[PDB]
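Some notes on the structure that comes next.
Chain letters run A, B, ... following the sequence lines, proteins first and then strands; every chain starts at 1. All ligand and atom numbering here is 1-based and tracks the order in the structure. Note that these values count all heavy atoms, side chains included, but never hydrogens, waters or copies made by symmetry. Displayed portion only: the contact tally does not extend beyond what is shown.
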Amino acid sequence: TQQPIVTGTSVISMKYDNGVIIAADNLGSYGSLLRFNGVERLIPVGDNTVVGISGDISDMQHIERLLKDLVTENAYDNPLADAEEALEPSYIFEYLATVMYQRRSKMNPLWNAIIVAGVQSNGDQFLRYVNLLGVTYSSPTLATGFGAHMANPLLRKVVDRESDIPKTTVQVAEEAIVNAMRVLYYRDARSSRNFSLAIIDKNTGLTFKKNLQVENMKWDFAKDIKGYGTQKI
Amino acid sequence: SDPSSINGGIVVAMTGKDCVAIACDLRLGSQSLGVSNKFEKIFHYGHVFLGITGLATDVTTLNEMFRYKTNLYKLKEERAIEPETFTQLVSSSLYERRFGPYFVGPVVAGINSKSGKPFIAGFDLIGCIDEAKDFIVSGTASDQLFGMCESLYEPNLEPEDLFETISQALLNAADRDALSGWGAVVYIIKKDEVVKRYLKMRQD
Amino acid sequence: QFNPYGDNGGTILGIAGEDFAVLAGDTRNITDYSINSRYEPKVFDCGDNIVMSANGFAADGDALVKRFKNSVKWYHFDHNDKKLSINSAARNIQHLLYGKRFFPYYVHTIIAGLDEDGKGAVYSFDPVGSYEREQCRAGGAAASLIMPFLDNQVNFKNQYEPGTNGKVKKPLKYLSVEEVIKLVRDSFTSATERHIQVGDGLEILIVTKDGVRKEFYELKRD
Amino acid sequence: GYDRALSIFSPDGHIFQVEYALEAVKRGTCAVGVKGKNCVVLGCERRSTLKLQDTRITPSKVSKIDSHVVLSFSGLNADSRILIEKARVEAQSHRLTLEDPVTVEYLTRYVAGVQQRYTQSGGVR
Amino acid sequence: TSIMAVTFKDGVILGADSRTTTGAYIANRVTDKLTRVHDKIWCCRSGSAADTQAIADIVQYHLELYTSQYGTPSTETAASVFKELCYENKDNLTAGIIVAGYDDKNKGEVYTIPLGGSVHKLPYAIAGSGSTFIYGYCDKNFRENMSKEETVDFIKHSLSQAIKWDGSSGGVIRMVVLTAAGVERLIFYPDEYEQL
Amino acid sequence: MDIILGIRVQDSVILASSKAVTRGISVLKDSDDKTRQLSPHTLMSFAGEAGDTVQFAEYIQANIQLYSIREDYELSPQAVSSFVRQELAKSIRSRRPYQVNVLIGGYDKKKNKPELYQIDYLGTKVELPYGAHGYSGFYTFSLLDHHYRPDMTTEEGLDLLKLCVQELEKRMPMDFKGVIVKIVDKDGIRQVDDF
Amino acid sequence: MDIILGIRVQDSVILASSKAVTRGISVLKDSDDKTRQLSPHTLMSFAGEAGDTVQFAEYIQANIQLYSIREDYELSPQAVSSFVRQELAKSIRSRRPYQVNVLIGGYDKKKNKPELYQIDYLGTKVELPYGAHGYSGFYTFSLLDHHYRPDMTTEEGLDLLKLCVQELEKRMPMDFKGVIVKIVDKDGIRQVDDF
Amino acid sequence: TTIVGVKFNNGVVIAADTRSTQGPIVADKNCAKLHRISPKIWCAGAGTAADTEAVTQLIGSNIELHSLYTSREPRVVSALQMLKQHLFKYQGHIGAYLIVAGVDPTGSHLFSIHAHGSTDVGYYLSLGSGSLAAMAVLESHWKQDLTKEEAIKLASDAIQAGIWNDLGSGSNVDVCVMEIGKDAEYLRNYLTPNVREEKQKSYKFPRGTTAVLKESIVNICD
Amino acid sequence: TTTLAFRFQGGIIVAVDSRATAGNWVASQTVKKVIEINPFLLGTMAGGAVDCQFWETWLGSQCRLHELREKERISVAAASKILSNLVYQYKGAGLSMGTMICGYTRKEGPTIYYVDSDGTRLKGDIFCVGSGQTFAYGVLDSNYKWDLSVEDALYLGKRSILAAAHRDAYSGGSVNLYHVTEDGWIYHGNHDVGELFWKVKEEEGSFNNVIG
Ligand SMILES: *[C@@](C)(CO)[C@](*)(O)[C@H](CC(C)C)NC(=O)[C@H](Cc1ccccc1)NC(=O)[C@H](CC(C)C)NC(=O)[C@H](CCc1ccccc1)NC(=O)CN1CCOCC1
Ligand SMILES: *[C@@](C)(CO)[C@](*)(O)[C@H](CC(C)C)NC(=O)[C@H](Cc1ccccc1)NC(=O)[C@H](CC(C)C)NC(=O)[C@H](CCc1ccccc1)NC(=O)CN1CCOCC1
Ligand SMILES: *[C@@](C)(CO)[C@](*)(O)[C@H](CC(C)C)NC(=O)[C@H](Cc1ccccc1)NC(=O)[C@H](CC(C)C)NC(=O)[C@H](CCc1ccccc1)NC(=O)CN1CCOCC1
Ligand SMILES: [Cl-]
Ligand SMILES: [Mg+2]
Ligand SMILES: [Mg+2]
């Protein structure tokens, strides 16, 4: 039995025609206090997988170490560690899913919501979710926390079902993700303006973008809003 | 100690072609103990029919209350109350007890004597009107009734066909609920004739 | 305080014919008032012509299916590739569930297939392992909606022969695979209308002596 | 714990420790059992090189396992006490769970099973 | 919330963020927490949105009725009416209000009224959840008899930090300037204040 | 308080009520009459919370007697039962409700019919051929379902009632010290002294 | 379980134990013997939590019988009571204690004296001329304080015991369905069949 | 519920879904959540259904009496003030969450009211369980100087977001357009994107299927 | 549940209902509440369904192991005590079981043992177990005699379950009958309450509370 202390908010993601996109802001909140601002919550595993983590940061750092150690262990007595026997997104996910469910079953969970985004060796897009309860699910768009409530509706307008994935380009997909991150900054009280974004493409590979900022924000209309009902000044 | 499921019981109402049906089970119990198999839950004030599920004392009290009010209505208005009007009266009366409510699930059914239109309506315990073209359900087997009605129901049924549909909806719903059953009554209501039928059902 | 359980919604439905059996389930996966996935299958082919679904808390559902699938694998290893009969599978599943009697799998489990006489079989389990063979069973969130409809349409309950004064019952008979699929589709569209956790898609697994076939149908997405 | 396999097979297929245990029995005082038509009688030898004995308190050769079953023996006296004790405990345990006293065959089968266990358990003779 | 009121040479300036929250959801990102109870008597609202609105509305009614009979009320009088409501109904209120006004005799005045319903007359006042993070900064930087531009910068820099650290604060920085000249509304957007 | 039974037969209503008054680990009395005559042809038995039972019974008794004097006329059992139900229905939403369950056995002189009404503390009224309150019903209802016939005589009803009391004396945990039996018919109310 | 009594007289110990086994609102049995013979001259009655009572009684019985076979000798009532007390004293600080109260009536053959021991589930032992467990004591102790004499015969003890049972049948709330009476003396243990 | 309000050039538009729930059960598939306070002041209500209806009718009644008393068309701020003071008095126990909008001699207005009595002002607002889905759309597509047709599109799109993504919302989209100098147009079932598909089978029973015990004519006449 | 079993001149009658509930939800009307342990032993089930089902089929395995080891069918006393000692180990853990072990052996004759989940074990001639036990007792006790015929005893057992099925909301479905003799148990059919109630009402003239 735990309670989360230092926390990370929404992780959002979606599939597009050649791969997957995933994003998460760089904030480590301490309750209402916006304590840490240089926190990277997207963690690449190899050149084909990115694990996005929300929830307790101490448990996130533990998971980082497990993934780091998984890469080391996979390399042992493995001449094809950088080829046919490299770590797949599906292997990494299933490992995490096993751990999450084992920990919830011992009544001592890793207090996290996790999205594993990547591209399989055969080119297939991989995007699957797992959380502190060991619950798992997959969808063309996946999001955690407030992202589930606000990002998914926006991302589902682009990719509403499986057949919409081949029709969605990386330009359109990234635009929707970046727009969603702005909406979350407007509306989530534990979000920051700064964020990271990762693209895993079956052709161009892993592109990790750091120090992005929410921009093109609408605030001008605020000047016209006076009082809370009557008041004219 | 959940007032709405101490005594048990169910009511269902349906519309058809120039007709309406309202049906109810006959059980009154005290939790596991079945007490009465004659406890009817449908009443009528003129041509307007009211079914009431939930706490049996409140079922009785509200019947007596609406008889009281519809009688005064008729004396002053010099005409029988209509289903649409009665529905509003039920809603007002229930909401009057907003923070000390009657633990009931009433269902209005009837045909407007002027327009000839079939009318049904349902309420929650504090008076929210739930109007419906097709059907209204209420009671301890409301989930079961929702499932039965949603699948079995079709629009514009003739009075004789509508009888079969509503009866099968109630019977099969009641048999999946421990606190409902022990007999059943069905009212088939046409513009100027009303038929009341008692159904044969399993007595466990 | 940490709550180890959750509700992933959805509903499942098993019907048995004369020489076949179907196990249906919607593909919607939810938590609270949010949709997690519109297509997340929870009806699985477990081998030996046994299909299985464990509906409720998905983490426990997957864990169970995973363990039973593994049980089928080891049954082959330990008993010279012998086919696991549906009755033997059912008893095995009881022990899986009851093994966690004091920290239960939060699921309604249903399996379907053929018995050793080639006839359609459906077995259903409570969360802690009590099981029963039936012609008919609905499980999950909309079970209370669908089940009475099945009593009426599959087992002809409360239906008497017209004109016999309610004395002669409507005689029991096996339904064709065409008629069963009609009842499954109507059951799920009705459940979708009146239950918020049910919708998106319907996936049916049909089991005959020839193997396991699949059928998919769209459901309302609201 | 002491683990040594003391009872083991020899080239000719004999377990010498079990066979040497029989020699201890052969050394022990003679015991005889004769069953009649409606009774059983257990006779036992007591060696007469021991005078100045106190026969009131000296352990008797025949022991009651329950009110209806008796056990005599030949061989090591100290070893017999362990078997008798176990047998007496099992007798009461049987009455407790089966609500019926042991049969003579059952009690024998138990005692025999104990003896066997000591022929292929590590660290024991 | 993060709110503050600061007296200066020509009068007083009120300042506030624009965030209203339900848990961690921002129900309103363009809220106006600076409210008029009289021509040149305003207040900053923190705590329950419903309670502070209900209080402000009653105070505005009282001061309007006061004005009809006895002419313009003092800022002290306005603070007293706020206090009376907050103190007598302390069991049923969650309201932290800063009252600020401009007399011609008394010039700029600031009164703060915390949860208990006590009254405290100060040179400047800070309040709301985000105020905790700027006690150190404001104490070190506040000076009496500042100019308009210095006071605007003081409030802007202060609320900028409060907003930066407090999750319950954000959006735009609204300000209201109270002087003999009149009433001036100011607004400052994230793109400006965030990078201070 | 605990056991109150009622059986309506062809020409009468028979009420049986336990004699025990128990408090803590002491049976304080074994001859308690848990009934009040409301009118010459109407009898009410009662069971429930201590104090409430008698206070309620006598309050109803006074009201019915007041009515009888005012109108020089006896209220029908149906009318009395409706009056009692309404009082309990008021009571349940009071500051302190009457925790009293009652049976009303009456003979309607206008209809020439016996009538038995069962009313609980919530104000839940039902007319029945046979009734019970508390745990008694869990044994007696099934027993009466089997042995009861609507055309029975008063003597047959008393034998049917003996069968109930015997079953209760066999299977009930508590010693209720037997019952006082009273009969309501066209000639009024009388007590059976040897039961 | 409920009523267990014990009376030590001149030459014997008399134990009386109620026959009722009640669960919920049903008397499941009315002929239950709440006692076990531990040895030919030692009898133990018991009352308390369902399941625990018999499980404990039989466990003690097995142990005493085991001792008797091992030593070919009967333990004194004092020795048996001390063994039982220690078991309960261990039990009370266990994960799940035996919720069982007992009376041990025995005849010491070496002393030629009857002995009655009262032991509760905590392991509280006392030797007494007369004893009781549960609510029974609240009536019987004062009654025996008055009527008991140390030099009474077995027949006088049975009449004294009848007086207790009558009082309990009068004033106890629950129907305990009479008692099984057993006598422990120099000739062993025997049951009184007509009580 | 999902409810929204959007301001435009010459007025204001409000919209709502039409699902009414009872736990996880859809009680009403087409209920009206748009309420008329006065001819040109309309209200969208979320929360406790009886409370939203009762509070909107009470204030609507008092607004009519006020209008007749003052010989003036009612103002939105009057409805706003009367609603909030009523709701505040009851300390949130009256679970009415309202979006109040309309046109009056002062102009066009858009407000929201919460159960505890707090009011908000905005150009775009959303309330109810699906408000986050709706607000996401509103935050993504809203701009200053919307036309009538653009505001209707934006409003209905925001409701749709709730319909599809929120389990608490569903069925149809109701709209009401309040433009200055014109009559308010109430567009009941403006969109119906959740029509029930044809059933696979007719469940019309053969006449005489149900077993009957008694028949009798009921007297409704005097 | 409602279950009963009573001893009489011609052996043992065992009768049970077939309903299974989850709160007020009627989950099944066709549950087998009698377990056939061997040709001479029966077990009845009431309480938690799998607790009963699991441990009573486990009991059957233990009884089989006894007759393999001892070359003799287990006694009713010993069989009941295996179950009672098992549940006693789980005492406090929350098992919910009300069972009756009924059977015949040479040394015992016809024997019935009541065994429940708090460790109570009782030999007796009549027992009714379950939520509707009191309803069954009312009819059974008032009509019971030792000298009942096999035909009358079977009917009384059936009629007692019917009585409980009717009044108890958590009993119903159908009646399963068994008769135990010196030759073993004999099944006497599944009797649906749907038809049985009306058949009994008409032929017997009882159930006058119900609208005919
Ligand atoms: C900062 C945020 C904190 O100091 C500011 O002070 C602002 C003040 C401005 C807006 C005037 N405060 C808030 O935004 C305020 C924070 C708050 C919340 C609860 C108690 C005190 C202060 N937020 C509110 O008042 C919101 C406004 C609504 C969303 C328009 N109201 C709520 O959150 C209400 C509060 C009800 C209440 C509780 C205790 C005392 C008084 C009122 N709660 C809900 O609506 C219930 N909500 C349902 C969903 O589950 C979470 C709870
Ligand atoms: C979306 C769906 C959710 O936000 C919308 O907000 C809609 C608003 C529209 C319909 C105006 N909200 C609902 O549909 C609303 C959701 C809800 C439920 C319960 C509490 C608060 C909100 N549903 C209702 O209000 C239903 C109305 C239907 C048509 C009957 N009412 C109930 O479910 C009532 C609750 C009444 C209540 C009393 C006291 C305090 C709060 C609420 N509940 C029942 O009827 C349940 N039960 C039935 C059996 O008898 C006992 C009562
Ligand atoms: C009469 C009919 C009533 O008691 C009998 O006693 C029968 C005995 C027969 C079946 C052997 N008893 C029941 O039917 C019994 C009643 C009961 C329920 C719970 C505890 C004790 C007694 N019912 C069950 O055991 C049902 C079995 C059927 C197949 C549904 N099982 C449940 O209710 C399960 C498991 C309950 C449980 C016991 C111990 C630990 C954990 C759980 N619970 C659910 O299925 C939960 N529920 C189903 C509906 O969907 C929401 C979740
Ligand atoms: Cl505000
Ligand atoms: Mg029943
Ligand atoms: Mg939806």
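- In this structure, the drug found at ligand 3 is carfilzomib (bound form).
- The name UniProt gives to the main binding partner of carfilzomib (bound form, ligand 3) in this structure is Proteasome subunit beta type-5.
- Using a 4.0 Å cut-off on heavy atoms, the other chains next to carfilzomib (bound form, ligand 3) are C, I.
- Around carfilzomib (bound form, ligand 3), within 4.0 Å by heavy-atom distance, are found C/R101, C/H108, C/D126, C/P127, C/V128, C/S130, I/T1, I/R19, I/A20, I/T21, I/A22, I/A27, I/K33, I/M45, I/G47, I/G48, I/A49, I/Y170.
- Interface atoms of carfilzomib (bound form, ligand 3) facing I/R19, defined by a heavy-atom separation under 4.0 Å, are 2 (C).
- Here the protein heavy atom with the shortest distance to atom 6 (O) of carfilzomib (bound form, ligand 3) is I/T1 OG1, 2.3 Å.
- Under the 4.0 Å distance rule, the nearest protein heavy atom to atom 8 (C) of carfilzomib (bound form, ligand 3) falls inside the cut-off.
- The presence of a protein heavy atom under 4.0 Å from atom 19 (C) of carfilzomib (bound form, ligand 3) is ruled out.
- Backbone and side-chain nitrogen or oxygen atoms of I/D17 are examined, and none is located within less than 3.5 angstrom of a nitrogen or oxygen of carfilzomib (bound form, ligand 3).
- Name assigned to chain C in the entry: Proteasome subunit beta type-6.
- Source organism of chain I, per the entry: Saccharomyces cerevisiae.
- Near C/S130, the atoms of carfilzomib (bound form, ligand 3) lying under 4.0 angstrom from a non-hydrogen atom of the residue are 29 (C).
- Below 3.5 Å of separation, one finds no N or O of I/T2 facing any N or O of carfilzomib (bound form, ligand 3).
- Using a 4.0 Å heavy-atom cut-off, the UniProt bortezomib-binding residues of chain I near carfilzomib (bound form, ligand 3) come down to I/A49.
- With ligand atoms numbered from 1 in the order given, carfilzomib (bound form, ligand 3) contributes 21 (C), 22 (C), 25 (O) to contacts under 4.0 Å with heavy atoms of I/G48.
- Looking at I/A27 next to carfilzomib (bound form, ligand 3), no N or O pair under 3.5 Å apart turns up.
- In the deposited model, the covalent adduct of carfilzomib (bound form, ligand 3) forms at I/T1 OG1.
- Taking distance alone, with nitrogen or oxygen atoms compared against 3.5 Å, I/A20 stays at or beyond that limit from carfilzomib (bound form, ligand 3).
- Of all atoms in carfilzomib (bound form, ligand 3), listed by their number and element, those nearer than 4.0 Å to a heavy atom of C/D126 are 31 (N), 32 (C), 34 (C), 35 (C).
- Near I/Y170, with a cut-off below 4.0 Å to any heavy atom, the atoms of carfilzomib (bound form, ligand 3) are 1 (C), 2 (C), 3 (C).
- Among the UniProt active-site residues of chain I, the one closest to carfilzomib (bound form, ligand 3) by heavy-atom distance, rounded to 1 Å, is I/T1, 1 Å.
- Residue I/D51 has no nitrogen or oxygen atom sitting less than 3.5 Å from a nitrogen or oxygen atom of carfilzomib (bound form, ligand 3), judged on distance alone.
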Please produce the table of protein N or O atoms sitting under 3.5 Å from N or O atoms belonging to carfilzomib (bound form, ligand 3), one pair a line, distance to 0.1 Å.
residue	atom	partner	partner atom	Å
carfilzomib (bound form, ligand 3)	4 (O)	I/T1	N	3.2
carfilzomib (bound form, ligand 3)	6 (O)	I/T1	N	3.1
carfilzomib (bound form, ligand 3)	6 (O)	I/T1	OG1	2.3
carfilzomib (bound form, ligand 3)	6 (O)	I/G47	N	3.1
carfilzomib (bound form, ligand 3)	12 (N)	I/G47	O	2.9
carfilzomib (bound form, ligand 3)	14 (O)	I/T21	N	3.0
carfilzomib (bound form, ligand 3)	23 (N)	I/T21	O	2.8
carfilzomib (bound form, ligand 3)	25 (O)	I/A49	N	3.0
carfilzomib (bound form, ligand 3)	31 (N)	C/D126	OD2	3.3
carfilzomib (bound form, ligand 3)	50 (O)	C/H108	NE2	3.4

